[PDB]
Amino acid sequence: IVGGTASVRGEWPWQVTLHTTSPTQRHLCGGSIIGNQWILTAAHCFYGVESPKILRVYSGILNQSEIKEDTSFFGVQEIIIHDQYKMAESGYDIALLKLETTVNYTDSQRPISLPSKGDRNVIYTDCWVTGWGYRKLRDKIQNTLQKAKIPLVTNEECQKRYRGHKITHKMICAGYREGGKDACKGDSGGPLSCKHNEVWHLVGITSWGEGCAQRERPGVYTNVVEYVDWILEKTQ
Ligand SMILES: CC[C@@H](C(=O)Nc1ccc(C(N)=O)c(F)c1)n1cc(OC)c(-c2cc(Cl)ccc2-n2cc(C(F)(F)F)nn2)cc1=O
């Protein structure tokens with residue numbers, strides 16, 4: 001996250017850190033708890049992941065330094081990638097992880113609601129991007145979960161910024177005209193979380209941008225409301 005600040009214990013309890021264990025254990029991507037046994041994340045996270053066996057899902061983490069050889073984690077039973085996914089920059093950047101067991105919800109591990117049937121025309125004005133990503137282009141994974149508030153931009157404006165890409169109704173963009181706040185390397189897969197009537201909704205999945213927090217270069221997110229029928233199909 002560029003231009004963000006440290007989160008506190010319990011602030012983003014749907015946020016997970018997805019780790020690979022091959023050839024060494026490291027943070028790969030963010031993700032979101034959407035159900036007892038379900039993480040929503042980005043399909044691109046699984047590039048060169050040989051199988052679900054090398055994945056670990058850590059919930060209730062504020063600082064990556066908490067993760068030690070005795071820290072409990074969820075095994076991944078199945079990675080479900082959208083069947084139209086080819087690469088982040090061409091969309092369908094969405095995946096479910098089915099966990100090997102159900103999360104007991106606590107103050108530090110809670111689900112986030114999907115966008116609600118009836119709110120397709122809600123204008124979300126309180127959206128946050130979170131993650132352990134770089135805080136500028138040339139950086140490293142951060143210890144402490146970072147947060148940043150970011151305004152949604154019109155698809156029409158987003159497409160004008162990315163005329164070499166298909167900015168579709170299945171994408172949503174967020175960014176300041178003069179940049180300074182954005183997702184960056186290591187934040188992908190995690191949530192764009194918008195609060196509406198004091199209820200948080202998973203509006204976006206961090207997917208891509210050209211650069212991090214450049215002017216007139218909004219981040220691009222998978223538009224979760226456009227995949228609610230797919231999510232429900234796979235999870236039910
Ligand atoms: C796998 C792709 C992933 C990534 O780089 N992951 C990653 C994880 C771990 C390490 C490590 N050191 O251990 C690492 F080096 C890289 N990714 C790609 C993006 O976009 C490619 C974005 C992005 C998303 C928005 Cl909404 C806005 C702008 C960006 N952005 C753009 C860039 C760029 F251009 F500088 F590469 N970096 N982040 C975020 C993002 O996490």
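In this chain, residues are counted from 1 in sequence order. Computation of the quantities below employed the complete heavy-atom set of this structure, encompassing side-chain atoms and omitting hydrogens, waters and symmetry-equivalent molecules. Both counts, for ligands and for their atoms, begin at 1 and track the order of listing.
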TODO: Name the main binding partner of ligand 1 here according to UniProt.
DONE: Coagulation factor XIa light chain
- [ ] Provide the name, as given in the PDB, of the drug at ligand 1.
- [x] asundexian
Open item on the list: Could you pull out the residues near asundexian at 4.0 Å? Heavy atoms only, by chain and number.
Closed with: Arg26, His27, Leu28, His44, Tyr134, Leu137, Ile141, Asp182, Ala183, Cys184, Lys185, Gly186, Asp187, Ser188, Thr206, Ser207, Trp208, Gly209, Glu210, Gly211, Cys212, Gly219, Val220, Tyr221
- [ ] Starting from atom 1 (C) of asundexian, locate the nearest protein heavy atom and write down its residue, its atom name and how far away it is, to 0.1 Å.
- [x] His44 CD2, 3.9 Å
Task: Close-contact set for asundexian against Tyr134 heavy atoms, below 4.0 Å - done: 12 (N), 15 (F)
- [ ] With heavy atoms of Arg26 as the reference, note each atom of asundexian found under 4.0 Å away.
- [x] 9 (C), 13 (O)
- [ ] With heavy atoms of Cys184 as the reference, note each atom of asundexian found under 4.0 Å away.
- [x] 38 (N), 39 (C), 40 (C), 41 (O)
Task: Residue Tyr221 vicinity, atoms of asundexian by number, heavy atom under 4.0 Å - done: 26 (Cl)
Open item on the list: Just to confirm my output: which protein heavy-atom neighbour is closest to atom 3 (C) of asundexian, and how far is it?
Closed with: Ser188 OG, 3.4 Å
Open item on the list: Suppose I only count heavy atoms of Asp182 and a 4.0 Å limit; which atoms of asundexian are within that range?
Closed with: 27 (C), 28 (C)
Open item on the list: Among all protein heavy atoms in this structure, tell me which lies nearest to atom 16 (C) of asundexian, with the distance rounded to 0.1 Å.
Closed with: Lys185 CB, 3.7 Å
TODO: Taking only heavy atoms of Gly219 into account, list the atoms of asundexian that are under 4.0 Å away from them.
DONE: 26 (Cl), 27 (C)
TODO: Determine, using UniProt domain annotation, which domain of chain A makes most contacts with asundexian.
DONE: Peptidase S1
- [ ] Go through asundexian atom by atom and flag the ones less than 4.0 Å from a non-hydrogen atom of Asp187.
- [x] 41 (O)
Task: Closest active-site residue (UniProt) of chain A to asundexian, heavy-atom, 1 Å - done: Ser188, 3 Å
Open item on the list: Give me the residue, atom name and distance of the protein heavy atom closest to atom 34 (F) of asundexian.
Closed with: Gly211 N, 2.9 Å
